[PDB]
Colleague: 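Consider the structure of Protease with amprenavir bound.
The order of the sequence lines fixes the chain letters, beginning with A. Numbering, chain A: per the PDB entry, residues 1-99 in sequence. Sequence positions for chain B are given in the PDB entry numbering; the residues included correspond to 1-99, in order. These numbers come from the heavy atoms of this one structure, side chains and all, not from hydrogens, waters or symmetry mates. Just follow the structure's listing: the first ligand is 1, and inside any ligand the first atom is 1.
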Protein chains: 2
Amino acid sequence: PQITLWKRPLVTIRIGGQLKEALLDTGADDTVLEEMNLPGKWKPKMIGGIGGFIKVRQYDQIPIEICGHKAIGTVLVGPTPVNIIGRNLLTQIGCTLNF
Amino acid sequence: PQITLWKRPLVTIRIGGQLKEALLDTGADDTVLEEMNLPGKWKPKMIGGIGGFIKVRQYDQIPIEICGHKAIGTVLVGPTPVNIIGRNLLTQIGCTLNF
Ligand SMILES: CC(C)CN(C[C@@H](O)[C@H](Cc1ccccc1)NC(=O)O[C@H]1CCOC1)S(=O)(=O)c1ccc(N)cc1
């Protein structure tokens, strides 16, 4: 689709059988989801944003269906304010900015 | 133009003929710029994301040119590590997300 920006670009995603709402976030390099269970191996990592750094759990090679479009990639889980879909997955689904 | 997301969507902006590089950020409700001593009235505000909140100064009706396109609106000013063009101005320059 084409998504305008008068409202937050929130879309439904499917991850591990569950529907969640997440924010298409071009200013985020990585994809970060609120506290959740995901199967398999993970590694501790830290990431920075506007307010400081946080600790996250890094899951590699995870499938997410983002607004009907399939991605498989790195998902970070931790204390983000909102579920955010970052460039690592926006690129997979062919997302570009246009004006 | 079309901006892919392989890299950070940094573009040239101008505010008071200071030219800065800024993120076209669909994840940001409001534009937030690095510390700069802008003239005019302002109100205090606190904005939050990954890592917590920062204190910013809200200036209204500030003109800004974004990649050659004119905008005018609210600009938040404070200790952000990156200049962020948020949805409040992205809409004014006709920016969409497309996939
Ligand atoms: C977290 C989202 C919901 C909101 N942020 C926008 C996001 O795009 C934010 C922009 C940013 C990039 C790099 C350093 C600092 C900030 N990226 C972000 O944290 O990227 C992290 C998570 C994964 O990759 C790195 S915001 O900066 O906090 C924000 C809050 C309020 C306003 N008015 C404007 C901006």
Colleague: Could you help me spot every copy of amprenavir here?
Modeller: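 You'll find it at ligand 1.
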Colleague: Any idea which other chains have a non-hydrogen atom closer than 4.0 Å to amprenavir?
Modeller: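 Heavy-atom neighbours of amprenavir: A, B.
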Colleague: Provide the covalent bond partner for amprenavir: one residue and one atom, or none.
Modeller: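 The covalent partner is absent; none is modeled.
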Colleague: Is it the side chain, the backbone, both or neither of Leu76(A) that has a heavy atom closer than 4.0 Å to amprenavir?
Modeller: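 No part of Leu76(A) is near amprenavir at this cut-off.
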Colleague: With backbone taken as N, CA, C and O and side chain as the heavy atoms from C-beta onward, which portion of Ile50(A) lies under 4.0 Å from amprenavir: side chain, backbone, both, or neither?
Modeller: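 Both backbone and side chain of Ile50(A) come within 4.0 Å of amprenavir.
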Colleague: Tell me, which protein residue and heavy-atom name are nearest atom 14 (C) of amprenavir, and how many Å apart are they?
Modeller: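 That would be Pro81(B) CG, 3.7 Å.
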Colleague: What's the shortest distance from atom 21 (C) of amprenavir to any protein heavy atom, and which residue and atom give it?
Modeller: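 The answer is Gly48(A) O, 3.4 Å.
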Colleague: Could you name the option among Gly27(B), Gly86(B), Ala28(A) that has the heavy atom nearest to atom 3 (C) of amprenavir?
Modeller: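 Nearest option to atom 3 (C) of amprenavir, by heavy atoms: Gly27(B).
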Colleague: Can you list the amprenavir atoms lying under 4.0 Å from a non-hydrogen atom of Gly49(A)?
Modeller: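 This gives 15 (C), 19 (O) as the contact atoms.
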Colleague: At under 4.0 Å between heavy atoms, which part of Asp30(B) makes contact with amprenavir: side chain, backbone, both or neither?
Modeller: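 Both backbone and side chain of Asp30(B) come within 4.0 Å of amprenavir.
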Colleague: What protein heavy atom sits nearest atom 7 (C) of amprenavir, and how far off is it?
Modeller: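 Ranked first by proximity to atom 7 (C) of amprenavir is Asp25(B) OD2, 3.3 Å.
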Colleague: Against amprenavir, does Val82(A) come closer than 4.0 Å with any heavy atom?
Modeller: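 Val82(A): no contact with amprenavir (<4.0 Å).
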Colleague: I'd like to know the organism the PDB gives for chain A, please.
Modeller: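 Per the PDB, it's Hiv-1 m:b_arv2/sf2.
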Colleague: Can you tell me which portion of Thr80(A) lies within the under-4.0 Å heavy-atom range of amprenavir? Options are side chain, backbone, both, or neither.
Modeller: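 The answer is neither.
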Colleague: Which other-chain residues or nucleotides lie under 4.0 Å from amprenavir, by heavy-atom distance only?
Modeller: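 With heavy atoms under 4.0 Å, it is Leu23(A), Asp25(A), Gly27(A), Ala28(A), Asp29(A), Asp30(A), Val32(A), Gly48(A), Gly49(A), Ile50(A), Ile84(A), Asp25(B), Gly27(B), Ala28(B), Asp30(B), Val32(B), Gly48(B), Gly49(B), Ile50(B), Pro81(B), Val82(B), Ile84(B).
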